[PDB]
Structures are given as C-alpha cells and as structure tokens.
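In the model that follows, one finds resiquimod.
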Amino acid sequence: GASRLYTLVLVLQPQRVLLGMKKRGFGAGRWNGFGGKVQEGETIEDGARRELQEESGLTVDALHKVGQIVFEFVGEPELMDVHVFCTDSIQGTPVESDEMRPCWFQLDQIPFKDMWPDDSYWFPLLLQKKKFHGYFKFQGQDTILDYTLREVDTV
Ligand SMILES: CCOCc1nc2c(N)nc3ccccc3c2n1CC(C)(C)O
C-alpha cells in the first residue's frame, strides 16, 4: 500500500505537555500535538517546525525524533507515515492560531478521553523516554481495531 509523509510534534516539558484543540470542522474539540502533511520542497523536520509555528506560534532550537507511526483506516487504501518529534526547547509563548488553541496540561492530567485514541497507547512510551515504531488500524476517527508498538533504539 502507498503512503504519504506527515509530522507530529509534542512539546514535552518536565511537568507539563502542550496540546492544541482543533478549532474547525467536524473534528473540532479534539486535543492533540502539532503537525500536518510534509510538503514537496521541505524536509520532514522543516515541515514539523513549520506546522508547530503555524499552529502555536512557537519556534524551537531542537527537535528530537522519538517515533514513527503508520496509520491505516478501514476502507482507505492510502497509509499515513507519521514522523513523531519531541521538544523541550521552545522559544516563546504558545498563542492561538486559526486552526489550533494551545493549552498546557499537567502530566497527571493528560486528556486521553479527548485525544486521538492512539495517544493512549504510545504517549505513555514517550513519557518513559522510550523511542518507538507503531502501527494502528482505525475504524473512522474514534476506534482502534488493531495495533502494534515496538520499542526501538533508533527511529
Ligand atoms: C491538527 C494536528 O493534529 C496532530 C495529530 N495528532 C494525531 C494523533 N494523535 N493521532 C492521529 C492518528 C491518525 C491520524 C492523525 C493523527 C494525528 N494528527 C494529525 C497529524 C497530521 C498526524 O499530525
């Protein structure tokens, strides 16, 4: 099956994580990291930085690749190849964008019920400073039917 490149960025500080609420459309109200498609004409890391900046107004001094996840959807031939990054080196104050409303969450209050269902599986690994490869099969946007998570030394 064919695949397309995407990014996902977690701003993860010692005691808190930044998530953004999706403001627009039928998917509004879901809370998640920052990211989008990787464009022709930018690197994966360029795309991750661009989406972070566009969505939260933040720039970073460094991004660390912590995961790679393949998403498959029931009835959909195209796969998502998602490169997952973490940062604790943001260079300003999170601010609202057209698309996302950033908010800080304490690490004992991660809003899993209001996040993409896959986050419940891999975000715990990220908190343990583990790197991973993942695969998730979705029914629609709310349900996982199959998955695999593997700890790796190198992403
Ligand atoms: C609006 C920015 O949303 C960040 C995000 N977070 C997740 C997530 N936790 N899980 C996902 C599962 C399947 C498809 C996309 C996503 C996803 N996405 C969309 C994606 C393009 C992969 O970053």
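Just so it is clear, chain A uses the PDB entry numbers, and the residues here are 2-156, in order. When a ligand or atom number is given, it counts from 1 through the structure's own listing order.
Structurally, the greatest contact with resiquimod (ligand 1) is made by what UniProt calls Oxidized purine nucleoside triphosphate hydrolase. Counting only heavy atoms, resiquimod (ligand 1) sits under 4.0 Å from the following UniProt O(6)-methyl-dGMP-binding residues in chain A: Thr8, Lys23, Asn33, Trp117, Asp119, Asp120. At a heavy-atom cutoff of 4.0 Å, resiquimod (ligand 1) is contacted by no atom of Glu52, backbone or side chain.
The presence of a protein heavy atom under 4.0 Å from atom 19 (C) of resiquimod (ligand 1) is ruled out. Among protein heavy atoms, atom 4 (C) of resiquimod (ligand 1) sits closest to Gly34 O, 3.3 Å. Residue-ligand proximity, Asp119 to resiquimod (ligand 1), at heavy-atom distances under 4.0 Å covers atoms 8 (C), 9 (N), 10 (N), 11 (C), 12 (C).
In this structure, atom 23 (O) of resiquimod (ligand 1) lies nearest to the protein heavy atom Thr8 O, 2.8 Å. Remark: resiquimod (ligand 1) atoms within the under-4.0 Å shell around heavy atoms of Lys23 are 1 (C). Which parts of resiquimod (ligand 1) touch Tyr7 is read off a 4.0 Å heavy-atom cut-off, strictly below it: atoms 21 (C). Scanning the protein heavy atoms around atom 5 (C) of resiquimod (ligand 1), the nearest turns out to be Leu9 CD1, 3.6 Å. In terms of N/O distances under 3.5 Å, resiquimod (ligand 1) is approached by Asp120. Interface atoms of resiquimod (ligand 1) facing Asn33, defined by a heavy-atom separation under 4.0 Å, are 1 (C), 2 (C), 3 (O), 4 (C), 6 (N). Summarising the contacts of atom 16 (C) of resiquimod (ligand 1) with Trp123, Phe35, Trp117, the nearest heavy atom is found in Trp117.
When chain A is restricted to the residues UniProt lists for 8-oxo-dGMP binding, the ones with a heavy atom within 4.0 Å of resiquimod (ligand 1) turn out to be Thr8, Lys23, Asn33, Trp117, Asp119, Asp120. Here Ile70 has no heavy atoms under 4.0 Å from resiquimod (ligand 1), in either its backbone or its side chain.
Neither the backbone nor the side chain of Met116 comes within contact range of resiquimod (ligand 1); no heavy atom lies under 4.0 Å. Note: chain A touches resiquimod (ligand 1) mostly through UniProt domain Nudix hydrolase.
If you check which protein heavy atom lies closest to atom 15 (C) of resiquimod (ligand 1), you get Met81 CE, 3.9 Å.
Taking every heavy atom under 4.0 Å from resiquimod (ligand 1), one finds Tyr7, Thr8, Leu9, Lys23, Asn33, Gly34, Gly36, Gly37, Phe72, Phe74, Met81, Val83, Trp117, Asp119, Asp120, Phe139.
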